[PDB]
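One structure below.
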Amino acid sequence: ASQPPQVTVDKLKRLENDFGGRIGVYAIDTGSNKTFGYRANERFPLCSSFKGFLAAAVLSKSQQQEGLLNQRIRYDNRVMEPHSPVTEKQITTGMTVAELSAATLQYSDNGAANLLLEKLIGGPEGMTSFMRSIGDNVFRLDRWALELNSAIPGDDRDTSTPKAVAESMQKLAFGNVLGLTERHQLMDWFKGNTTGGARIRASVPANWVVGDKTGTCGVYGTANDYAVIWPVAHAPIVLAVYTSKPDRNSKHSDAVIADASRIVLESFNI
Ligand SMILES: *C(=O)[C@@H]([C@@H]1NC(C(=O)O)=C(S[C@@H]2CN[C@H](C(=O)N(C)C)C2)[C@@H]1C)[C@@H](C)O
């Protein structure tokens, strides 16, 4: 009963032609294990979207270090990165590791990302090592939170593929690499993301549940979203949508990401 893959490809190519850039997608039906990809093994900049996996890396560490999520981190006199809306308000109080994780995922707080990278996960190298440890041999993080967003065509730094992003999200959400407590916490964080209203969430009926993490590099029309989607009485779908444009000075398009998501999800004929 699903749509022929070439129909879905044909629709995405027309969308690409309209957008004036490149669209890469991969989707997994976790109940039938049917999959769909388009440019699925092409590399795209992660932008801020790595932060969902950063939160996962923190939970993995906490599964081995009792009470890590409750540890308070203070950062008096630190120069905070732009787009740090949570951490810039909690300097006097400090934040716990759980609060920093929730902030980096749900608000795309760069300060929180770099705090967790510096103090817990071992920098871009350590973030990459965590992804290797779950069998993702594609992901790479090379730079810290601000600098990783240059999105230059041809530069493989701070990139992954739609396939690898979706496959790693499926592992973390539903597989064995995290314990039950940790899976549940990760999915609750994704469900409460606040930055994705115009992307994958905008492609699904309002009574479906979504957890997602976005990225918006701010250059080269480069932006993305990946998600777990729970349709009504259907197995969850994992979806990654990555985009870029050839011109440095172009703007990204939220609508193209929502439209690509819609095409892909409709192809499963849920
Ligand atoms: C990461 O890519 C950058 C930040 N992360 C994201 C994002 O997750 O999309 C943005 S875009 C920001 C959040 N949502 C706002 C929005 O949608 N409107 C104001 C319509 C804008 C950040 C810039 C990071 C490198 O800073």
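Residues: numbered from 1 along the sequence shown. We count ligands from 1, going down the list as the structure has it; atoms in each ligand are counted the same way. Hydrogens, waters and symmetry mates are skipped; everything else that's a heavy atom, side chains included, is used. We read in the header that X-ray crystallography, 1.3 Å was used to get this structure.
Sitting at ligand 1 is the drug meropenem (bound form).
Of the chains near meropenem (bound form, ligand 1), the one making the most contacts is recorded in the PDB entry as Carbapenem-hydrolizing beta-lactamase SFC-1.
Within the structure, the closest approach of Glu81 to meropenem (bound form, ligand 1) does not fall below 4.0 Å when heavy atoms are considered. Evaluated by nearest non-hydrogen atom to atom 9 (O) of meropenem (bound form, ligand 1), the leading choice among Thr216, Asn224, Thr195 is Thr216. In this structure, atom 7 (C) of meropenem (bound form, ligand 1) is in close contact with the protein, since a protein heavy atom lies within 4.0 Å of it.
Using a 4.0 Å cut-off to heavy atoms of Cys47, the atoms of meropenem (bound form, ligand 1) that qualify are 2 (O). Scanning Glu147, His83, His252 for the heavy atom closest to atom 23 (C) of meropenem (bound form, ligand 1) points to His83. Contact annotation for atom 4 (C) of meropenem (bound form, ligand 1): protein present (non-hydrogen atoms, distance under 4.0 Å). Residue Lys213 has at least one heavy-atom neighbour below 4.0 Å for each of these atoms of meropenem (bound form, ligand 1): 8 (O).
Atom 17 (O) of meropenem (bound form, ligand 1) lies below 4.0 Å from none of the non-hydrogen atoms of the protein.
Residue-level proximity to meropenem (bound form, ligand 1) for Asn110 is carried by the side chain, the only part with a heavy atom below 4.0 angstrom. Proximity to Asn149 (heavy-atom distance under 4.0 Å) selects the following atoms of meropenem (bound form, ligand 1): 2 (O), 25 (C).
The source field of the entry for chain A reads Serratia fonticola.
Structurally, the covalent attachment point of meropenem (bound form, ligand 1) is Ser48 OG. In terms of N/O distances under 3.5 Å, meropenem (bound form, ligand 1) is approached by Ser108.
Taking a distance limit of 4.0 Å, we find that atom 1 (C) of meropenem (bound form, ligand 1) is approached by some protein heavy atom.
Near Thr214, meaning under 4.0 Å from any of its heavy atoms, are these atoms of meropenem (bound form, ligand 1): 7 (C), 8 (O), 9 (O). At the top of the distance list for atom 24 (C) of meropenem (bound form, ligand 1), counting protein heavy atoms only, stands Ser48 OG, 2.8 Å. For atom 12 (C) of meropenem (bound form, ligand 1), the protein comes within 4.0 Å by at least one heavy atom.
At a heavy-atom cut-off of 4.0 Å, the residues contacting meropenem (bound form, ligand 1) are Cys47, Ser48, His83, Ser108, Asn110, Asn149, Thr195, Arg199, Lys213, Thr214, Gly215, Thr216.
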Identify all N/O pairs between meropenem (bound form, ligand 1) and the protein with a separation under 3.5 Å and present them as a table of atom names and distances.
{"residue": "meropenem (bound form, ligand 1)", "atom": "2 (O)", "partner": "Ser48", "partner atom": "N", "Å": "2.8"}
{"residue": "meropenem (bound form, ligand 1)", "atom": "2 (O)", "partner": "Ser48", "partner atom": "OG", "Å": "2.3"}
{"residue": "meropenem (bound form, ligand 1)", "atom": "2 (O)", "partner": "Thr216", "partner atom": "N", "Å": "2.8"}
{"residue": "meropenem (bound form, ligand 1)", "atom": "2 (O)", "partner": "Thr216", "partner atom": "O", "Å": "3.2"}
{"residue": "meropenem (bound form, ligand 1)", "atom": "5 (N)", "partner": "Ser48", "partner atom": "OG", "Å": "2.8"}
{"residue": "meropenem (bound form, ligand 1)", "atom": "5 (N)", "partner": "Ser108", "partner atom": "OG", "Å": "2.9"}
{"residue": "meropenem (bound form, ligand 1)", "atom": "8 (O)", "partner": "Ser108", "partner atom": "OG", "Å": "3.4"}
{"residue": "meropenem (bound form, ligand 1)", "atom": "8 (O)", "partner": "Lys213", "partner atom": "NZ", "Å": "3.1"}
{"residue": "meropenem (bound form, ligand 1)", "atom": "8 (O)", "partner": "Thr214", "partner atom": "O", "Å": "3.3"}
{"residue": "meropenem (bound form, ligand 1)", "atom": "8 (O)", "partner": "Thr214", "partner atom": "OG1", "Å": "2.5"}
{"residue": "meropenem (bound form, ligand 1)", "atom": "9 (O)", "partner": "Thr214", "partner atom": "OG1", "Å": "3.2"}
{"residue": "meropenem (bound form, ligand 1)", "atom": "9 (O)", "partner": "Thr216", "partner atom": "OG1", "Å": "2.7"}
{"residue": "meropenem (bound form, ligand 1)", "atom": "26 (O)", "partner": "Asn110", "partner atom": "ND2", "Å": "2.9"}

